[PDB]
Engineer: 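Structure of darunavir bound to Protease - open in front of me now.
Letters A, B, ... label the chains, following the sequence lines from first to last. Numbers in chain A come straight from the PDB entry, and the residues shown are 1-99, in order. Going by the PDB entry, the residues shown for chain B are 1-99, listed in order. Remember, it's 1-based here, ligands and their atoms both numbered in the order they're listed. FYI, side chains are in, hydrogens and waters are out, and symmetry mates aren't considered; it's all heavy atoms of this structure.
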There are 2 protein chains.
Amino acid sequence: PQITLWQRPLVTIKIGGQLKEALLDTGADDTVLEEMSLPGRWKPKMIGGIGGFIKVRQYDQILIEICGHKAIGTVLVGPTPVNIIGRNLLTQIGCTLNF
Amino acid sequence: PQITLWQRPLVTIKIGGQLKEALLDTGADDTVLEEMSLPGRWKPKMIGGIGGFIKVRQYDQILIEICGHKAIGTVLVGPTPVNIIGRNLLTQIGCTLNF
Ligand SMILES: CC(C)CN(C[C@@H](O)[C@H](Cc1ccccc1)NC(=O)O[C@H]1CO[C@H]2OCC[C@H]21)S(=O)(=O)c1ccc(N)cc1
């Protein structure tokens, strides 16, 4: 689909058997989700944003279905105030910016 | 232009007579630029992102030229780690997300 930007580009995703809403975010290198239960093993990592940094758990090769499109890749989990789909997954679903 | 997301979607902008590079950021409601000299009056404001909040200066009716497309609107200035073009300006240049 084509998505205009008069509102937040929020999309429904399914991950870890759970349904969530997440922001399609071209400004985010990596995907980061609020605290949630995920199956795998994980590595501690820290990511930097506007107000400083947060500590996250890195999960690799995690399946996500973003608006009915599957992708597998790194998901970070931690105290982000919003679920963010970053460019690492956006590229997999063929998402582009257009003007 | 159509822009893929294997790299950061950085674009050259002109604002306040100065040239900068900024991220086209669908995840950002508002445009926020690193500390810079801008003409005019302003108002204290706080914006929140991944690591917490920062205090910014809000400038209204500011002219920006983003990839050669003019837009006028609100620009926040403050200690963001990167210059961000947010949805308030992206809509003005007809920027959309497609997959
Ligand atoms: C622009 C950078 C700082 C990157 N940020 C992505 C960005 O889209 C965040 C994503 C975001 C979105 C909502 C809340 C927090 C973070 N948006 C954001 O900070 O926007 C602020 C300016 O406008 C306002 O609208 C939303 C928050 C304000 S980030 O969230 O910090 C980020 C950094 C690293 C990764 N891997 C993933 C995300």
Engineer: At a cut-off of 4.0 Å, which other chains have heavy atoms near darunavir?
Structural biologist: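 Heavy-atom contacts under 4.0 Å involve A, B.
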Engineer: Just to be sure I read this right, does darunavir sit under 4.0 Å from the backbone of B:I84, its side chain, both, or neither, counting only heavy atoms?
Structural biologist: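 Contact part for B:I84 vs darunavir: side chain (C-beta onward).
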Engineer: Side chain or backbone of A:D30 under 4.0 Å from darunavir, or both, or neither, by non-hydrogen atoms?
Structural biologist: both
Engineer: Please could you name the atoms of darunavir that B:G48 approaches to less than 4.0 Å, counting only its heavy atoms?
Structural biologist: 27 (C), 28 (C)
Engineer: Run down the list B:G49, A:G86, B:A28 and name the one with the heavy atom closest to atom 19 (O) of darunavir.
Structural biologist: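 Looking at heavy atoms only, the winner is B:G49.
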Engineer: Which option wins on minimum heavy-atom distance to atom 15 (C) of darunavir: A:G27, B:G52, A:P81?
Structural biologist: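 Nearest option to atom 15 (C) of darunavir, by heavy atoms: A:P81.
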Engineer: Based purely on interatomic distance, does A:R8 place a nitrogen or oxygen under 3.5 Å from a nitrogen or oxygen of darunavir?
Structural biologist: no
Engineer: Between B:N83, B:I50, A:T26, which one has a non-hydrogen atom sitting closest to atom 32 (C) of darunavir?
Structural biologist: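 Considering heavy atoms of B:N83, B:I50, A:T26, the nearest to atom 32 (C) of darunavir sits in B:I50.
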Engineer: At a non-hydrogen distance cut-off of under 4.0 Å, which region of A:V82 contacts darunavir (side chain, backbone, both, or neither)?
Structural biologist: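 The answer is the side chain.
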Engineer: Report the binding site of darunavir using a heavy-atom cut-off of 4.0 Å.
Structural biologist: A:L23, A:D25, A:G27, A:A28, A:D30, A:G48, A:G49, A:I50, A:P81, A:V82, A:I84, B:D25, B:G27, B:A28, B:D29, B:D30, B:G48, B:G49, B:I50, B:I84
